[PDB]
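What follows is one structure encoded as structure tokens, with my remarks underneath.
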Amino acid sequence: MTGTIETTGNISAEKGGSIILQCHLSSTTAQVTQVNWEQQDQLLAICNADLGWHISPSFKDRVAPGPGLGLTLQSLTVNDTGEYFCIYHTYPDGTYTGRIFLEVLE
Amino acid sequence: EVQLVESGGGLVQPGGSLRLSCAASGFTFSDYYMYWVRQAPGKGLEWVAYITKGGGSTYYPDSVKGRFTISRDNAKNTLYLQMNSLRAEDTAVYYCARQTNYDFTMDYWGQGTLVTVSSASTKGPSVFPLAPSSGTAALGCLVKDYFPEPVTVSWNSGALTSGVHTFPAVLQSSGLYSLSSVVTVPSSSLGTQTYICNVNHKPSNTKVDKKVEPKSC
Amino acid sequence: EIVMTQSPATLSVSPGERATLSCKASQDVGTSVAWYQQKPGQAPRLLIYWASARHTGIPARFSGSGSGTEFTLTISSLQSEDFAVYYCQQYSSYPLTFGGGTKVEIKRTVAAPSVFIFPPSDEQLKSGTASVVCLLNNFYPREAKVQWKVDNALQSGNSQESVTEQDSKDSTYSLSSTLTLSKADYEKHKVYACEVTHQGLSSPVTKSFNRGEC
């Protein structure tokens, strides 16, 4: 129930640069077990509480984990324009989701 | 229970084209990322195709790139592999696989469907007996000179199972496979019990029974 | 591409004992390494993901270790059912690549094979070619020699052998040797013999038939 997700919002970047995607679960003491980073079509990363960061091989060239629970995109294409999602797997509350819209311009 | 069923395997001439099918059930097919993996007879596993949950992105190895095309139809609960400009070394059992939605690999595989790339011609088997001779005795069948794979071999329509060994086919120099299937029974049953092997070779549409009798003489 | 090499190729293990398997990546693959069990005739079954995490439904006697380039699967008290070829796989980057596998056989007491010889079918004789068949039945271990004597002359280059997968109930193996000649060549000779040597026989065992008798 009680707890929200704040994000970096709707942002914009030049082609070829980097962006940081950050999220922050707040207003709850429930423990974060996993966080997934996803595009509208593909999952990009998973930070596990036990086992750590895995990065989807479709983005190994261009995606560093963090800082913190965020994620850094490296060589943005206009193809990267769209929605992004940090999904918070949590106990006891459940799945919290924050959303970011990115637009890569030329 | 997650279920994946592959379909479409068979003989195709080099340069030709074939199209494979995986039929899903027991899980929301549209939430999951899907793979194709292939395995030559006796050899190992080779990743061949990856696709996103909605089909937006596809990834191939250099080996097949520009010839294979992975795809899905989400309402048919079906994943497809379109194999163009086929080569001899494309011969393998082809499996579709589902990605873990908690990691980036494969949790469940289908049973597979077998593709065979050869200029050779289909041909069905002849089946000769291995008659019991001179306690327990042994008898069997010889499924000789067929192409391509596979053949199944039952005994007494499935009533005979314990004691059977249906051997790996070996390819002969002719270009044709051949195998044996045997079973060891009690001697006393020889004068009494009937023994038929039920040989099936679906690429040919052959299915044949052969009685094996203690040929007294 | 990232080459994954497993070692050793083969491992025979007594039941209740521990097998230890090794996968070595040609570059850092992190902990993006999975292990798969493939039973003969079957699809691969996922055992370990994330190098250490065990897939649900997998017994805790399986166990995965490693990070970086050196990974290790461990089966701590083997059972007859654990007989399969085990595969490692990195998913750090494309192309997703697999090891060559490690085959694992169950160990048991030695078992001398039962041998049988089969003269070619009267109906295949009309074919023009003959096929004598030699059956080594339910033996252990899997190494064995089959030589074809044709009127006490040893054959070479005209035989083909085949072996079953390790048997599910008694962990034995079985063999099929098939000698083929011209039916023309078949009637030029008279004593057809199959000679079998194997660690469970005090000495070689031979079985034979005379062409024409029956």
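Per chain, numbering begins at 1; letters A, B, ... match sequence-line order.
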Original post:
Which candidate among ociperlimab, sacituzumab, dostarlimab is located at chains B and C?
Top reply: ociperlimab
**OP:** Determine the main partner chain of ociperlimab by heavy-atom contacts and give the name UniProt assigns.
**Re:** T-cell immunoreceptor with Ig and ITIM domains
Original post:
What UniProt domain of chain A accounts for the bulk of residues touching ociperlimab?
Top reply: Ig-like V-type
Original post:
Which organism does the PDB annotate as the origin of chain A?
Top reply: Homo sapiens
Original post:
Which of the chains belonging to ociperlimab shares the largest number of heavy-atom pairs under 4.5 Å with chain A?
Top reply: chain C
Subject >> Epitope mapping - ociperlimab on chain A, heavy atoms < 4.5 Å >> reply: A/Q34, A/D41, A/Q42, A/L43, A/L44, A/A45, A/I46, A/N48, A/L51, A/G52, A/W53, A/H54, A/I55, A/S56, A/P57, A/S58, A/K60
Subject >> Heavy-atom contacts of ociperlimab with chain A, cut-off 4.5 Å >> reply: B/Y33, B/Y50, B/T52, B/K53, B/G54, B/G55, B/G56, B/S57, B/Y59, B/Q99, B/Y102, B/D103, B/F104, C/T31, C/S32, C/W50, C/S52, C/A53, C/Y91, C/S92, C/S93, C/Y94, C/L96
